[PDB]
Each structure stands twice: as C-alpha cells, then as structure tokens.
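Data first, discussion second: the structure below is written as structure tokens.
So you know, we letter chains A, B, ... as the sequences are listed, proteins then strands, and number each from 1. These numbers come from the heavy atoms of this one structure, side chains and all, not from hydrogens, waters or symmetry mates. Just so you know, ligand 1 is whichever comes first in the structure, and atom 1 is the first atom listed for that ligand. Contacts are counted only within the shown part of the entry, which is not the complete deposit.
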Amino acid sequence: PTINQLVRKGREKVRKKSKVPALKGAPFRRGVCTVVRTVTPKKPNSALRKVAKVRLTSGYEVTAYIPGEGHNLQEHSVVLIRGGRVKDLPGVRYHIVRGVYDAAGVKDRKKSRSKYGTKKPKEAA
Amino acid sequence: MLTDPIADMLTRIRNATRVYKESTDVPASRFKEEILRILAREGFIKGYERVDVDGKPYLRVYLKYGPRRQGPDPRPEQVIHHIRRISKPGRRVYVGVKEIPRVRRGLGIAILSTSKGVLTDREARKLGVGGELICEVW
RNA sequence: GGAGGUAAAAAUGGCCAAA
RNA sequence: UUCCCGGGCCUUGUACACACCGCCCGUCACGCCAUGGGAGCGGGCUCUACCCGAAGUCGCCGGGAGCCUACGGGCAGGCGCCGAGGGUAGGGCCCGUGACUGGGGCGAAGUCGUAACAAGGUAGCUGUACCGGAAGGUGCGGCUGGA
RNA sequence: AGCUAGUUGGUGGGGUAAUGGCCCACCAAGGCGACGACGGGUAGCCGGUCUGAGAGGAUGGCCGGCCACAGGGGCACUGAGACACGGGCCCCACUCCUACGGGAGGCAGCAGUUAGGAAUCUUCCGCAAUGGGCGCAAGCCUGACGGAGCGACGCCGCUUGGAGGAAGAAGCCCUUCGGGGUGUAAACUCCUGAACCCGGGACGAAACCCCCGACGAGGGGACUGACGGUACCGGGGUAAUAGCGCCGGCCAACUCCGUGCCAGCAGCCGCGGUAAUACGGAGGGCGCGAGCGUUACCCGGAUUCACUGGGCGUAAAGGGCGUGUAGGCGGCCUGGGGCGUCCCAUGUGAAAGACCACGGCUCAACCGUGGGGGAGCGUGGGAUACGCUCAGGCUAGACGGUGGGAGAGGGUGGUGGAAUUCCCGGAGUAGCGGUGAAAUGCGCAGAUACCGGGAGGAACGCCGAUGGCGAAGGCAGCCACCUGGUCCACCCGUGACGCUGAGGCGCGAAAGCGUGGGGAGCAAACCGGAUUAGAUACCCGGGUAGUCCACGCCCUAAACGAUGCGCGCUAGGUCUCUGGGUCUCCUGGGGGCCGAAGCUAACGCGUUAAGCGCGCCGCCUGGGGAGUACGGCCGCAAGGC
Ligand SMILES: NC[C@@H]1O[C@H](O[C@H]2[C@@H](O)[C@H](O[C@@H]3[C@@H](O)[C@H](N)C[C@H](N)[C@H]3O[C@H]3O[C@H](CO)[C@@H](O)[C@H](O)[C@H]3N)O[C@@H]2CO)[C@H](N)[C@@H](O)[C@@H]1O
Ligand SMILES: [Mg+2]
Ligand SMILES: [Mg+2]
Ligand SMILES: [Mg+2]
Ligand SMILES: [Mg+2]
Ligand SMILES: [Mg+2]
Ligand SMILES: [Mg+2]
Ligand SMILES: [Mg+2]
Ligand SMILES: [Mg+2]
Ligand SMILES: [Mg+2]
Ligand SMILES: [Mg+2]
Ligand SMILES: [Mg+2]
Ligand SMILES: [Mg+2]
Ligand SMILES: [Mg+2]
Ligand SMILES: [Mg+2]
Ligand SMILES: [Mg+2]
Ligand SMILES: [Mg+2]
Ligand SMILES: [Mg+2]
Ligand SMILES: [Mg+2]
Ligand SMILES: [Mg+2]
Ligand SMILES: [Mg+2]
Ligand SMILES: [Mg+2]
Ligand SMILES: [Mg+2]
Ligand SMILES: [Mg+2]
Ligand SMILES: [Mg+2]
Ligand SMILES: [Mg+2]
Ligand SMILES: [Mg+2]
Ligand SMILES: [Mg+2]
Ligand SMILES: [Mg+2]
Ligand SMILES: [Mg+2]
Ligand SMILES: [Mg+2]
Ligand SMILES: [Mg+2]
Ligand SMILES: [Mg+2]
Ligand SMILES: [Mg+2]
Ligand SMILES: [Mg+2]
Ligand SMILES: [Mg+2]
Ligand SMILES: [Mg+2]
Ligand SMILES: [Mg+2]
Ligand SMILES: [Mg+2]
Ligand SMILES: [Mg+2]
Ligand SMILES: [Mg+2]
Ligand SMILES: [Mg+2]
Ligand SMILES: [Mg+2]
Ligand SMILES: [Mg+2]
Ligand SMILES: [Mg+2]
Ligand SMILES: [Mg+2]
Ligand SMILES: [Mg+2]
Ligand SMILES: [Mg+2]
Ligand SMILES: [Mg+2]
Ligand SMILES: [Mg+2]
Ligand SMILES: [Mg+2]
Ligand SMILES: [Mg+2]
Ligand SMILES: [Mg+2]
Ligand SMILES: [Mg+2]
Ligand SMILES: [Mg+2]
Ligand SMILES: [Mg+2]
Ligand SMILES: [Mg+2]
Ligand SMILES: [Mg+2]
Ligand SMILES: [Mg+2]
Ligand SMILES: [Mg+2]
Ligand SMILES: [Mg+2]
Ligand SMILES: [Mg+2]
Ligand SMILES: [Mg+2]
Ligand SMILES: [Mg+2]
Ligand SMILES: [Mg+2]
Ligand SMILES: [Mg+2]
Ligand SMILES: [Mg+2]
Ligand SMILES: [Mg+2]
Ligand SMILES: [Mg+2]
Ligand SMILES: [Mg+2]
Ligand SMILES: [Mg+2]
Ligand SMILES: [Mg+2]
Ligand SMILES: [Mg+2]
Ligand SMILES: [Mg+2]
Ligand SMILES: [Mg+2]
Ligand SMILES: [Mg+2]
Ligand SMILES: [Mg+2]
Ligand SMILES: [Mg+2]
Ligand SMILES: [Mg+2]
C-alpha cells in the first residue's frame, strides 16, 4: 500500500484467540464428571481412549482425557481440568490431572511420576 | 508530468549504467545541478554540462565505469552500484545531525539537502546542519 | 490451399501400512 | 494391421505417484459437536412520558398560634421548585432458553449411482434460468484454465 | 452514520474563594459529525515492568505521582480545607438488640472468620529508630512505621564432604559367553568439618532534656532498643537430605524384556496390528539440581499487518468500465515571509527504576554515593537548500485554433437480397425424415423432390483478416440524419489550467422480471422414440416460456490480458492497420510475434513489461465453515452489495 493509505487505514493487529476457553486463561479448573466412557480415535489410529464429560465450576461442560493405565473415575467424581488437547480425539481439548481430589495416581508407575501423579515408592533401597 | 524530477534523474542514470552508455540527457534545474555536482566531486561520474536539446535546457551526465573484466560476462564493474531516492514526495524524510545514517561504514555517501546547501553525510556532519535526506549512494 | 475439423459402445476396485 | 491381447521409440494430456485393479463427487443411513430460524418464554442494561416523592440547599410566609439577651431582628414552624427512590405504560440493545426445523463440521473399512482428473468416454469451467434421488442434465451468453 | 433542550450563542441575574448554561428569566437558531460525532463493549492513567538488534509489541502487580470510591444511592452542616473510610441526615438490602414503641452496625485500615476459587499469610512484638497529631515542656496517641511469624512464590548465597583406592569385590544390565557396563562408583584408610554444645556480645542512639553561655551561636553532662542475648567473635564438636524431567527427528542421551492398531504415547511430523532405540518396566545414558516438570498468559522467533521491513498474470489479492467530489501528490526561473525543516542557548522532562563507575552488608541478591545524555514541550536568537505561502515571469506538461485522415463507436428513420417456415396454384408419384443402426414422426385425405405467386419473423453470405472501433459491456447487408471518441501536419493562442480519485453518479453480455406488441427458425421446461441394469442425459421426432421491438427494472460473469490509471528512462529484428514528409527512406499513433540488459519460484514478461522509478486508488494475510448466517441498504420477484 501507499504511505497515504497507511495513514488512512493502517495495519491490523493479529489478536489471536485462545485454543482453551478456561475463563480468562485460568491454568486449572475444578469440575465433576457426568459420564465416563471410551471413544474411538481418528483414521491413522485405533483404540479405546478413556475420556469423561466434565461439568466444571463455570457452567461449561466439555469432555476431558484420562491419561495413564487404569483409573477410579465415576459418574460423581470431582476432578481437575489441566488443558491441552488430544490429537486423535475430536472435541477433546482438555486433560484431567491425576492425583487430585477424586482422581488417583497410576498404580505401579515408576518412570514419569510428576505426570500421572504417582508417589515415590520405597523398597529399602 | 514528472511527479518526482529528482528521483527520475537517479533512475535515468541507473538505467544507463546497466546499458553502459557514455552520457544521458536529464532535465535542467538548479537543484539537479547541485546533486550532479556532488556526484562529480565524489567521483561517481565524470561530470556534467549545460546542453541544448531542441531548444530546451538539458544536462548531459557523463557516466563512469570500472575496468573491463575478464572471463564470462566481461562487462565492467559499476562505480555506481545503486542509487535511489530516500525522501520521497509521499513520505518526506528529515534528519538532524545525530540521526544521520552511516552508508556502508563510510564507504558510500548520502546526499542530503540542508540550509547551507546540498551537502554529503560527511560534510553535513562536520558543519553540523543536516536536513532532508535526499538519497544514499552505494 | 487456409480455416471450417471425427467418437456408437461399457459401471465399479473395502481400511491402514516400508529411511 | 482397421479391430481384440501384450510390447518398443517419439510426442501430447493429467487433479494419477503402494502409480487407472489410480483418483474422485454428491445424496442417503448411523453417532458427536457447534450454529441459524422458531409459537414464544425468562433475565440484564438503557431511554421516553406521567404519578407518588424522604433527607437536604435555595426561595416565599412567619400570620387568627408559639420561644428569644437589644424587636424594621433571630429561631421554631408552614408553603414551593429541585430531588434519592418507588410506581404505571411504551420502546432500544444484549444474553439465556424453547416443541420443531435448516444447512454445516467431524467420526478405518454401511447404501446408491459416475459427475470431475487421460476428447474421463457428451471438452471442462462459468453467470443466469428451468428440471431431476444424487452427483448432475439442458437452454442462452461468455472463458482457455481444451483441440 | 447521523447527533443535539440548557441543546449552541447573547443580555440580565443567583451561586462560588474564582471563570464558566454551573443554575434561572428573556432573546436569537444555533452547536457536533467520515479529521469518525452519537451509541455499544472493555479498561483507572503515568514514571515504569517484560520482550525485542532496533523500530515496535504486550502490560500497569511491589514502589513513587495523579484520579476515583468507603455497604448501594442522594444530600447538606462545621470548617482554611470535606459533600468527609473509623463525622451527620434520609431511602433501600442485610445483621443484631427490643419491655414490640423504637434502638445500634458498616474491615476497599491491621490481624482474623466465612463464602467463591486452581490459589494467596500472624486474631505476633514495640513506639527503640523515621515520620505524623497535640502540647512551650514533661509527655500522650500512632496496626504509618520499624520488626518478628507462615509459604522454595521469586532472586541470591550455602550444605549433603575432601584426598587416596582394583586390569577393577557383591548385586543388577547386556553378550557373539571369551567378556563388556554401572565404576573410583562402593567398602576401606586419613584429613576437614554444616549441624549442634559453651562463653562473650552489638551497629542501628542522637537529639528532645539538664548546666555554662542572654532558655540564641558555641561547649559540656545525663536517659532511652522491639528486633534480642538475634547478627557477629572465640572455644569444642558429628561424615552428615537428593530429587525431577528426558533419551525417534526437531533435541543431548541406547540396549534388554513384556504388550501386539490392545494397553498406551503425542508440542509438530507422527509411533503401537509378534523381534517397537517413539507404549510399560529394567539397566545405562543426557540435562538441571532443592529443585525439576506440567498447565495458563505476554514478547520473540513471525520480514506471518512488512515505518525500519511484504505482496496482488497463474500461489490469497486489480475494483466489470468510465465520469468525477473530498483528500493525497505535482514542471522551469526570480524575489518576500520563515509554517514545516535544521542549528544554538535557556527552562522543564520529580524521585525511584535502567546504564557506567566507586563503595556497605565476609560474597551475591539487596542497598548507598557520584556521572551521562534522552525523546517530547515552552521561550529567545540564527540559517533558507528542500517542502509551504505570497508576488512576478516561462515554456517542454495540459487544453485550445487552422487544415486534413481512418474506423462494425452510439442513437433515429428508411431500404435490399439469399435462406427457413406456412398458405395458394400447377405438375407428379409409394415413400419421405432421421441414425452408429433404428424407431417414434410425416405420407395414397396427393406427403418428400420441382416450378410459380403470396405472407411473416429473425440474421446479414462473399468482402472478412492473424483486420478495425469503443472506457468496459460490446459493435458487421445498404442509404440518410443526429452524435461521441481518436490520429496527423502547421507550430498559431491560453498558460501549471496537471495526475489519481474514498464517496457519489452514469454505463454495464447473457439469463431473469413488469406492461404492451411480435413470433419464421431455434429452443430451457414438458411429451414421445431409441440407448442402458437403470436415462429424469448424451442421439432422434414434436414443443412452451424465451430468443425479436418499445418503455421500465434486475447489476451478475472465466465482465480475462485472471495484468488499476498517469508520467519519465532502458538494444533491436520482423508482419500488419492508419496519417505526414525533401513519399528509396524517415517520422507519429495502433494491433501481433521473436528477442539486449534486466525481472521472475518457474512457466514466462520484455518501449502494447510482469524491467528500472514516482504519484494516487483498489485488494491479500493458511484451508474448510462461506460469499453462508445475522443486521443494514437496494429489488416486483429471482436475488444483489
Ligand atoms: N465437508 C464434508 C462433507 O462430507 C460429505 O460426505 C459425508 C458423507 O457423504 C460421507 O459418508 C461416507 C460415504 O461417502 C462413503 N460412500 C461411505 C463411508 N463409510 C462414509 O463415511 C462416513 O460415515 C462413516 C460411518 O458410516 C464414518 O465412520 C466416516 O467417518 C464418515 N466419513 O462422509 C462425509 C462426512 O464424514 C460430502 N463429501 C461433502 O458434503 C463434504 O465433503
Ligand atoms: Mg473452560
Ligand atoms: Mg496407527
Ligand atoms: Mg513418557
Ligand atoms: Mg457401488
Ligand atoms: Mg482403493
Ligand atoms: Mg491403521
Ligand atoms: Mg527401437
Ligand atoms: Mg475406474
Ligand atoms: Mg494411489
Ligand atoms: Mg436460538
Ligand atoms: Mg430592626
Ligand atoms: Mg424513576
Ligand atoms: Mg430468543
Ligand atoms: Mg439443529
Ligand atoms: Mg459432464
Ligand atoms: Mg465420467
Ligand atoms: Mg461418461
Ligand atoms: Mg453431446
Ligand atoms: Mg465429460
Ligand atoms: Mg449452465
Ligand atoms: Mg432435461
Ligand atoms: Mg467478452
Ligand atoms: Mg433556562
Ligand atoms: Mg473496571
Ligand atoms: Mg524482531
Ligand atoms: Mg464490603
Ligand atoms: Mg463554611
Ligand atoms: Mg473522615
Ligand atoms: Mg472501617
Ligand atoms: Mg482485614
Ligand atoms: Mg472453596
Ligand atoms: Mg515513634
Ligand atoms: Mg517522634
Ligand atoms: Mg510493617
Ligand atoms: Mg561387579
Ligand atoms: Mg571421593
Ligand atoms: Mg545504638
Ligand atoms: Mg540547648
Ligand atoms: Mg566454629
Ligand atoms: Mg528436558
Ligand atoms: Mg541425538
Ligand atoms: Mg519385543
Ligand atoms: Mg519420546
Ligand atoms: Mg521406553
Ligand atoms: Mg508466540
Ligand atoms: Mg512482527
Ligand atoms: Mg512497506
Ligand atoms: Mg507475502
Ligand atoms: Mg485457482
Ligand atoms: Mg488467484
Ligand atoms: Mg481490470
Ligand atoms: Mg483535487
Ligand atoms: Mg514544486
Ligand atoms: Mg520556521
Ligand atoms: Mg528520574
Ligand atoms: Mg563490596
Ligand atoms: Mg401443393
Ligand atoms: Mg406415390
Ligand atoms: Mg416454392
Ligand atoms: Mg506558439
Ligand atoms: Mg505562478
Ligand atoms: Mg479519472
Ligand atoms: Mg444488463
Ligand atoms: Mg437480455
Ligand atoms: Mg433477454
Ligand atoms: Mg418465471
Ligand atoms: Mg419479456
Ligand atoms: Mg424443433
Ligand atoms: Mg450401462
Ligand atoms: Mg430436441
Ligand atoms: Mg480473455
Ligand atoms: Mg471478457
Ligand atoms: Mg476479479
Ligand atoms: Mg508500435
Ligand atoms: Mg537473459
Ligand atoms: Mg517475448
Ligand atoms: Mg484505480
Ligand atoms: Mg452470488
């Protein structure tokens, strides 16, 4: 554009929108599940991923992913939403923090315990 | 209608250096003579002279080139690699004495108009005037 | 000799997968 | 050597490249999500008109009635305008919700056909108009992104 | 996209410490708005903070400055100062007390409770210091403050030892079994010594006060510490927490076993369906280390809104075309002003923060003291090249004049011939049409082939082209009228009169719409005959809107050169259209091809640029959703922007 056009119209800012609507960018949100089930992934994959429809403290109701192997989440279990989507699950853009109020840590887990919320095991060594 | 007669003169020269001509005719004006005088004092051209073309005043700018190279593409090197206008009529550029650009660590010049007259980046910085940054020549 | 120029046929091929 | 099958050289077209046993289009069936319309319903903000209108400043009276140390005075008190707010009515914007309904995105292997890419077997595309389960067909005109 | 009743101005008043419609009475009809009023949404603002090479982008928490509020709302009183946070009045909501009629309360002060939330502290100590109020003073008050407490929340410092030590124990992992790795790692030997125990023990404090001196200057004397018996010094003295993430590429770190598109991982690309360095565990390794990872948010990378610093033939992007309003930009010469612009001087640009030095805490974090200019703005003085303005002059731009030229440029009226269809007449037969082949169809009711006459509508063969004209759509028989654009020669006149152009206005193929007319051929829809598994198609026979005219709408397109307009410069060769000349040849306008330099991602472009530059407008910012929905405007509708 010309210099006369820039002083008239100007340049537009980017203003990127959030990929996670957590009410002003809250890092975490507490909520209770409504239904616990499994959904199929996209074409490049095939399995039964454990998810849960969580109704949080803000009226919203979005499904979240349950990581690890084995859980204890029920229809009336309170969880904590973390964030981050699942590439293979359409609609799932959140994760459930393991080790919170009603979400227990992965049993027999030893490598990555900061994630999945597992305590430090002690075997006299 | 020559919206920018100063930048047009710089392009008549730029179009002649790529075709390697001896001289080219540019419209006559006292301000354009001050620009060509700096180009001749700095050693970018051989000089100029007030000529007459069909009864109209013109200025023949004798171009300057380097020695004839060897091998493929023996075209001689340019003494004026590129000349372009900075302060355009659509966006006027005015600089002081501290806000003067350094053209190639001093290897190139920057012609700019001041109240004292048409000076270079070195002359205007020594006299401490500055003004409208006309053009940079590298 | 330069343009204007000739159709009778006939559908389909599961998903993912080698620097 | 026209035709059927396979093959060689050059050229031409391609949206094919696990390479035409290729690619690919739309409808229909099922599931998830968001969104438009929808008899309407509910809430929030705001605007206009009028009715009532506390406290209080200001203005008038202070008299058939009050208190005062100087009285052509002061105070109490009475009236009036404005006025928080409340009420009635009608509008403006925004949001939530609603039987039903429209189209949309997304979801390994469901049904129907062959539209396009090789003159894709009717060159293709395109604006408009009509028709048709569906891609789409046809009319009029245009384009080379065809010969 | 329009807004405005105290609305804009005047006069006279009320009120104020004081101007002002701040409020009132009368008068005038004004005031604001694309330079974005009005309205909606969000938000306290700044010094600064974070990021960034810079320009910029993001942000306003501690600290400092200003503003605004003190349960929501209104109001005044006192007062130098308040419409007052711990003053007053009233209304509302809530809480408490009531002898039931009428009373009290306002943590957004310090702590602390409850609720909300992912989450944010002690109902601590002292007025010793600094500061504030009152008091002459003694002194009182001070949840300001100075401190202590909780919390890896951040930054900085420090410890979990140091030196030896096996060709290299045990266990565990790998293996080709020969061995390799954990690994000087461990045990073990010496040395030091964080913790802890004992003793000492502050700086921060000097005045106010008291004496000499005149309760002044000057000199002398005394009192006072929360932190706290903390820091710190000295002596003695124990080998004394390590965790977290990752190891397919990006990206540093590789092997075994278990599972087998299951379980699972995943920031992007993507791994897993029987030998996975990508899942889970093991060993080993890599990176950090009282931290390490995850989520959320800001900047960067992103030159991916491009001022520095981007693009639009085919990737996203040139408006369908023109005419023009505002605006933006503008040829050569001479002076006046000095607005922009530049220089100098001066004031301001608080402190803190940032930067550079030096220094205080044993170092650092932190903190103290110096130094350096910013940017902007006010004032005085100077410079005048350029941009601006004023005045004068000029001709190369632009327009005009005189004489000529070509053209399907447009509108109006008239007019010609060929061909098709139908009607009439004559002659004449047993088929004609149509296809790949057929069949519907037409035909002994006299069809098709032929001659003659008539009617009517539409389009104009040859010329004709790779041609011309127009801004675009678009324009083709012939004649006339009205009328637009354009080119050349003469250099005759005006004299900067110029370019572009948001908006507006006009034109705008085909289709479609309204009213009236017309309707020969063709032909959506429709009906038949074929084809096919099916044919709502392709082929064939019929056929209605429409195609045609007038007037009025509709505003779209592959409206294309997918290339906005104007100007200047940069080799040519060749064909062609059309003017001029001392018409061999030169020169000007226009339409093509091949191509110097150059440009391009390539194809290609290349004086008819997509090259080199300037001015102005329009448009792009990954794909689908989608040119959709909502709203607005336009339209009879279809529908358009
Ligand atoms: N924009 C998406 C739209 O998809 C449309 O197509 C949609 C359907 O037509 C299509 O359905 C396809 C079908 O075409 C095809 N012949 C068979 C196939 N199994 C179907 O697949 C669909 O359905 C199955 C379950 O039945 C799903 O598991 C699968 O994810 C889905 N793609 O799948 C699409 C939706 O996933 C059109 N292509 C078009 O309008 C557009 O591309
Ligand atoms: Mg959320
Ligand atoms: Mg897979
Ligand atoms: Mg992992
Ligand atoms: Mg099928
Ligand atoms: Mg296939
Ligand atoms: Mg697969
Ligand atoms: Mg051969
Ligand atoms: Mg096929
Ligand atoms: Mg393939
Ligand atoms: Mg709705
Ligand atoms: Mg009296
Ligand atoms: Mg009211
Ligand atoms: Mg509604
Ligand atoms: Mg719906
Ligand atoms: Mg087709
Ligand atoms: Mg096809
Ligand atoms: Mg076909
Ligand atoms: Mg066909
Ligand atoms: Mg086809
Ligand atoms: Mg069509
Ligand atoms: Mg049809
Ligand atoms: Mg056309
Ligand atoms: Mg008034
Ligand atoms: Mg706010
Ligand atoms: Mg940068
Ligand atoms: Mg409160
Ligand atoms: Mg007073
Ligand atoms: Mg107060
Ligand atoms: Mg209080
Ligand atoms: Mg408190
Ligand atoms: Mg809670
Ligand atoms: Mg004190
Ligand atoms: Mg004091
Ligand atoms: Mg304190
Ligand atoms: Mg061993
Ligand atoms: Mg050691
Ligand atoms: Mg002391
Ligand atoms: Mg004294
Ligand atoms: Mg010691
Ligand atoms: Mg890491
Ligand atoms: Mg590596
Ligand atoms: Mg294995
Ligand atoms: Mg990995
Ligand atoms: Mg692993
Ligand atoms: Mg970023
Ligand atoms: Mg940037
Ligand atoms: Mg730029
Ligand atoms: Mg770009
Ligand atoms: Mg395209
Ligand atoms: Mg394009
Ligand atoms: Mg165009
Ligand atoms: Mg103008
Ligand atoms: Mg000028
Ligand atoms: Mg000036
Ligand atoms: Mg400062
Ligand atoms: Mg030091
Ligand atoms: Mg007859
Ligand atoms: Mg017969
Ligand atoms: Mg006849
Ligand atoms: Mg003349
Ligand atoms: Mg003049
Ligand atoms: Mg114009
Ligand atoms: Mg039209
Ligand atoms: Mg038409
Ligand atoms: Mg028509
Ligand atoms: Mg119709
Ligand atoms: Mg009609
Ligand atoms: Mg017909
Ligand atoms: Mg078939
Ligand atoms: Mg037909
Ligand atoms: Mg075209
Ligand atoms: Mg066109
Ligand atoms: Mg276009
Ligand atoms: Mg030419
Ligand atoms: Mg080249
Ligand atoms: Mg070319
Ligand atoms: Mg334009
Ligand atoms: Mg459309």
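In this structure, the drug modeled at ligand 1 is paromomycin. In the deposited model, the macromolecule with the most close contacts to paromomycin (ligand 1) is named by the PDB entry as 16S rRNA. The chains other than those of the drug that have a heavy atom under 4.0 Å from paromomycin (ligand 1) are D. For paromomycin (ligand 1), the residues with any heavy atom closer than 4.0 Å are D:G26, D:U27, D:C28, D:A29, D:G105, D:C106, D:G107, D:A108, D:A109, D:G110, D:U111, D:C112.
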